[PDB]
Peer 1: 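Here it is, the structure, as structure tokens.
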Amino acid sequence: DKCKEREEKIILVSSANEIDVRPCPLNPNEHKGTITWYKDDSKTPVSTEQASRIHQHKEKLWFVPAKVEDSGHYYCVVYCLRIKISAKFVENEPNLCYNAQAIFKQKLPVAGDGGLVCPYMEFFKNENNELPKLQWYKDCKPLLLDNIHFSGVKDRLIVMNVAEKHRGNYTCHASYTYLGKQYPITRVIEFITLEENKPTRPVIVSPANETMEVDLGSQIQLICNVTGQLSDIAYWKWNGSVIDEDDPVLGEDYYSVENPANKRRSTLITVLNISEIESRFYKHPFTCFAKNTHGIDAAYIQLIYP
Amino acid sequence: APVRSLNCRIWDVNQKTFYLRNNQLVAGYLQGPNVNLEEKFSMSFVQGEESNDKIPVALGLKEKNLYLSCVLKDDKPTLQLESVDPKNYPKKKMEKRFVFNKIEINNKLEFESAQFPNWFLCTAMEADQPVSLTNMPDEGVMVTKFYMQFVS
Ligand SMILES: *[C@@H]1O[C@H](CO)[C@@H](O)[C@H](O)[C@H]1NC(C)=O
Ligand SMILES: *[C@@H]1O[C@H](CO)[C@@H](O)[C@H](O)[C@H]1NC(C)=O
Ligand SMILES: *[C@@H]1O[C@H](CO)[C@@H](O)[C@H](O)[C@H]1NC(C)=O
Ligand SMILES: *[C@@H]1O[C@H](CO)[C@@H](O)[C@H](O)[C@H]1NC(C)=O
Ligand code: NA
């Protein structure tokens, strides 16, 4: 009936001389049965004997510990599925406690409390379901987890009051027991900080609470010009309602331009198209709103008869 | 455009990023050349609740015409990707399945299903599992907070 074949696109780079585990990567959906593992192009399954350096246990593939020479492809055969998996094992760079190829990039905005996370710790839990305690380093120098500047909880490091100087390469170290023997585990994370997501209000440049004489039955467009961030929103209302999108006579077009000079003083232009001036439009103002998480500005144009 | 639409990157507060496996959105950790697998989003400002707390948005996969959407599956609110016709999408009045109420507190974002109030966009504690929805964001079962960075 023919085995299906998939080739996995994530290549996970791990440390030589560290324990590692790989699960066969099905989506829930493509589960269901006996999972055998094979090395390279063998059609003879891996060792099931946990004493052996590379072996199958609980349908996972274990390197105890891994070696650079293990780098290569492996198959897990889960009707049939057979997935080619490629893995890479790398020595630390000289005089370093990690290898840049194993870096997981992570990022937090400045000025908050935020977390780094030591990845792929899932499978190192001890019954009753706890992770071994992690030690954390930045550029290969120990961090004090004093719950004032840093905290270590489970797989996370809480960096308190994230600032620019926190940038650097962080390692998380654990020691895991497997068959009564202890094995080291590290992951490395390149920590990048982003500019302060900083609380300001949009400025409505135009309209500016003014009247405008217009002829009944004719057509006009009104421009709402807002100085702000690209992320702010600028939109029109009339008589307490957003401009309905199936409205047969009112329509909005939204345009924007990034200010290279100052990302915080970009422009939004929302054009309201009044395809026919109806007599009702003379009773209430058209109000442009400019909105983001910290506040609202509003300014209007009131149509009047000439 | 008839809808204000912004390119961004979105990652959860466990530093997981999104990618496609089969045809599903999953969340995990990528290294080296694999960062290529990361999906960016087009975030549109659609119509819905008029509030100082929430902004209704739809979330599309940048350039793939795949939209995040909340649908009942076996009597349970489920996040599914939906192929849309580029000819009609994105638009201001997105159907309610595509609508999320974006809530931002302290540089972190939650996305509440418009269709399913009290249900939030979330990822699992473990890497490489599908993105999902949950109505228990206050227990640390699932991750329901996200950061975003606008890339246009
Ligand atoms: C982390 O290490 C890599 C290579 O050693 C280097 O390119 C990078 O500049 C470092 N990053 C930071 C943020 O210190
Ligand atoms: C929007 O306002 C700013 C005023 O600073 C100006 O540079 C730009 O010309 C205005 N554009 C329109 C189309 O009103
Ligand atoms: C404004 O909308 C209200 C509420 O739906 C409606 O009753 C009223 O007719 C509108 N005012 C005008 C001038 O159309
Ligand atoms: C312009 O009009 C709006 C809407 O009534 C009002 O909120 C705002 O304060 C006015 N601005 C000025 C400078 O008068
Ligand atoms: Na490591």
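The first sequence line is chain A, the next is chain B, and the lettering continues from there. The PDB entry numbering applies to chain A: residues 4-81, 86-313, in that order. Chain B uses the PDB entry numbers throughout; the residues present, in order, are 1-152. Looks like X-ray crystallography, 2.2 Å, at least that's what the header says.
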Peer 1: I'm curious - which drug did they put at chain B?
Peer 2: EBI-005
Peer 1: What's the chief chain around EBI-005 in this model, going by the PDB entry?
Peer 2: Interleukin-1 receptor type 1
Peer 1: Which residues in other chains are near EBI-005, meaning a non-hydrogen atom under 4.5 Å away?
Peer 2: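 The heavy-atom site around EBI-005 is A/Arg9, A/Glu11, A/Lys12, A/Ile13, A/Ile14, A/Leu15, A/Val16, A/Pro28, A/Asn30, A/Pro31, A/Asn32, A/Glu33, A/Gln108, A/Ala109, A/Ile110, A/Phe111, A/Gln113, A/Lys114, A/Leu115, A/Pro116, A/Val117, A/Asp120, A/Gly121, A/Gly122, A/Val124, A/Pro126, A/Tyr127, A/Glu129, A/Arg163, A/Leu201, A/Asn204, A/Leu237, A/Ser238, A/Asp239, A/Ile240, A/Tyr242, A/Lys244, A/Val249, A/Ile250, A/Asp251, A/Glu252, A/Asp253, A/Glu259, A/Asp260, A/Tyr261, A/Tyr262, A/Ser263, A/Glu265, A/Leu275, A/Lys298, A/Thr300, A/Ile303.
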Peer 1: Which residues of EBI-005 would count as touching chain A with a heavy-atom threshold of 4.5 Å?
Peer 2: B/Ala1, B/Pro2, B/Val3, B/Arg4, B/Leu6, B/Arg9, B/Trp11, B/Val13, B/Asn14, B/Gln15, B/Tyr19, B/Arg21, B/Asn22, B/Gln24, B/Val26, B/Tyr29, B/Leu30, B/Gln31, B/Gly32, B/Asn34, B/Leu37, B/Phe45, B/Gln47, B/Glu50, B/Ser51, B/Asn52, B/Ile55, B/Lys92, B/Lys93, B/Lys102, B/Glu104, B/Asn107, B/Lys108, B/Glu126, B/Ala127, B/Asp128, B/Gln129, B/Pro130, B/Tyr147, B/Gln149, B/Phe150, B/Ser152
Peer 1: Going by the PDB entry, what is the biological origin of chain A?
Peer 2: Homo sapiens
